[PDB]
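Structure of domperidone in complex with Thiamine transporter 2.
Chain letters run A, B, ... following the sequence lines, proteins first and then strands; every chain starts at 1. Side chains are part of it too, since the values below use all heavy atoms of this structure and drop only hydrogens, waters and symmetry mates. Just so you know, ligand 1 is whichever comes first in the structure, and atom 1 is the first atom listed for that ligand.
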Amino acid sequence: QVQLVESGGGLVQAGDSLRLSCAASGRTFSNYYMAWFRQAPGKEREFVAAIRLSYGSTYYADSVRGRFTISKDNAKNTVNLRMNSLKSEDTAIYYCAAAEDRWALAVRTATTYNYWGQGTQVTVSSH
Amino acid sequence: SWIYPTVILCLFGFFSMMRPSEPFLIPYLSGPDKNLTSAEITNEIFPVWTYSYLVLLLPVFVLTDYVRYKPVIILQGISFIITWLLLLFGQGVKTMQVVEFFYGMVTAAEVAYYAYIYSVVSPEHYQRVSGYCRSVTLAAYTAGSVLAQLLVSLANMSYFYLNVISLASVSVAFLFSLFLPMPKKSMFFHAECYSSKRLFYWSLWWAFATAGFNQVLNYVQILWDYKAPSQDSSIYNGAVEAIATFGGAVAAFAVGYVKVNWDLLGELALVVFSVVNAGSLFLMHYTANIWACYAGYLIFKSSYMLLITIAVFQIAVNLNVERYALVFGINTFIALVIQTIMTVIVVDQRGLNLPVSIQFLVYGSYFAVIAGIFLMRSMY
Ligand SMILES: O=c1[nH]c2ccccc2n1CCCN1CCC(n2c(=O)[nH]c3cc(Cl)ccc32)CC1
Ligand SMILES: *[C@@H]1O[C@H](CO)[C@@H](O)[C@H](O)[C@H]1NC(C)=O
């Protein structure tokens, strides 16, 4: 078991910015993926972004490319997701998940990840 | 006689291949124009070109001969237009895979360009007009590469306008593709030679070298963008590409001029040039300096051109004009099978998924192994 902990989500005003953080724990993470998935009410779990902590490779979903940016704070293990210009469609619950970096890993498939965090809502409200 | 179906075809070959935007492909994609990451480009988008080309090779080869060449050339023009329209306006990874597929269709259709002249020119103007059709495309390639860098560095044009210019070029290339005469005949249907063993050896070397060179050329620009990112440093891709092409052209001519009994020196020269290509790839990988990376590329391309010209001379020296098409089709098909296998194993997200920084170590080892495999049986 590897314990993951998201932190830093909540209400945000439509069009404005927010930063989520997934304080992974419980093991070494020099050979780990770390990707964020979301689940809006009535929809299926969606891929948001991913980072390969070994080579630093980063992948993004086309719905967030350019708007979101994911980076690793190595000295602290706390992976971060920086959402810029959140839009009304971004209301969701965001999960951070990890998988041991291995052969033939499908980065964008929600069934690939062994560990999941409890999630934290990002209610992108619009007045 | 042989003029009009040669001026029209050479103008098509020129304008289609003059695409100033190709050198700056990676800097265009990964910049603020598309926001695509290096990992996505190298491990999800680019591999699709090999797969689509492999799938579309043989069906296009048969269709060209059944349909008598011109319509396939028209299809290639249409594919150029569609590929560049998507590359300009298409966004996201999901569209770049379609762009790669359409470019794979574009490359597969190149058969119906080079072979068209044979069907409509006499056999007393075949030998030379082949040279005109090759040289026009090569000159267009070098001119486009030089123009790209000239504009980027002395005019300050963003990479989007290079693509606009490339689209404007391929549109005019398509126009000249409607005017060719429809061949009244064809090679096989409107009209196993490998039994020779030496031809098989030369074909194996040709196919392996072509696969390795096509992979390296597909994934070179990403190495330059990682060693000297375009976002904060000067990038010289156009000039380096032009000089590499010119060096390849001079190497090809030099091999054609110098007279040497290749039945004895061909294997030695092929081994030496494979070792040179492996060493140059290792130099292009390890060194952090960008200029050494450009020099390694230049040496790689020149040595590969020498190798491939020797290999092509050895294969084609005994084959009839009729067997050329089929023999080279099979040779490029084997090359594409090898390239697809290695791409799936190494680059694809469904395989090892290596980044560009370590891919060239594998490619250098691959070329060194190609060199070393042929040298065995040394005692006893
Ligand atoms: O580098 C240059 N300069 C050129 C000037 C004129 C014409 C062609 C030129 N090239 C191409 C050689 C390097 N060349 C190698 C492969 C090329 N390539 C892929 O592998 N997949 C592609 C998909 C698209 Cl939509 C466009 C280009 C693609 C890119 C660069
Ligand atoms: C790319 O990302 C930059 C980040 O500032 C953004 O300004 C730009 O609009 C994006 N462009 C596209 C086409 O996604």
Problem - All copies of domperidone - result: ligand 1
Exercise for the section: Report the chain letters of other chains having a non-hydrogen atom under 4.0 Å from domperidone (ligand 1). Expected result: B
Exercise for the section: Give the numbers, counted from the N terminus per UniProt, of the transmembrane segments of chain B with a heavy atom under 4.0 Å from domperidone (ligand 1). Expected result: 1, 2, 3, 4, 5, 7, 8
Problem - Contacts of domperidone (ligand 1) at 4.0 Å, non-hydrogen - result: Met17(B), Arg19(B), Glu22(B), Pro23(B), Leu25(B), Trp49(B), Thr83(B), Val99(B), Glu100(B), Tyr103(B), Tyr141(B), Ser145(B), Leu217(B), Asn218(B), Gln221(B), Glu241(B)
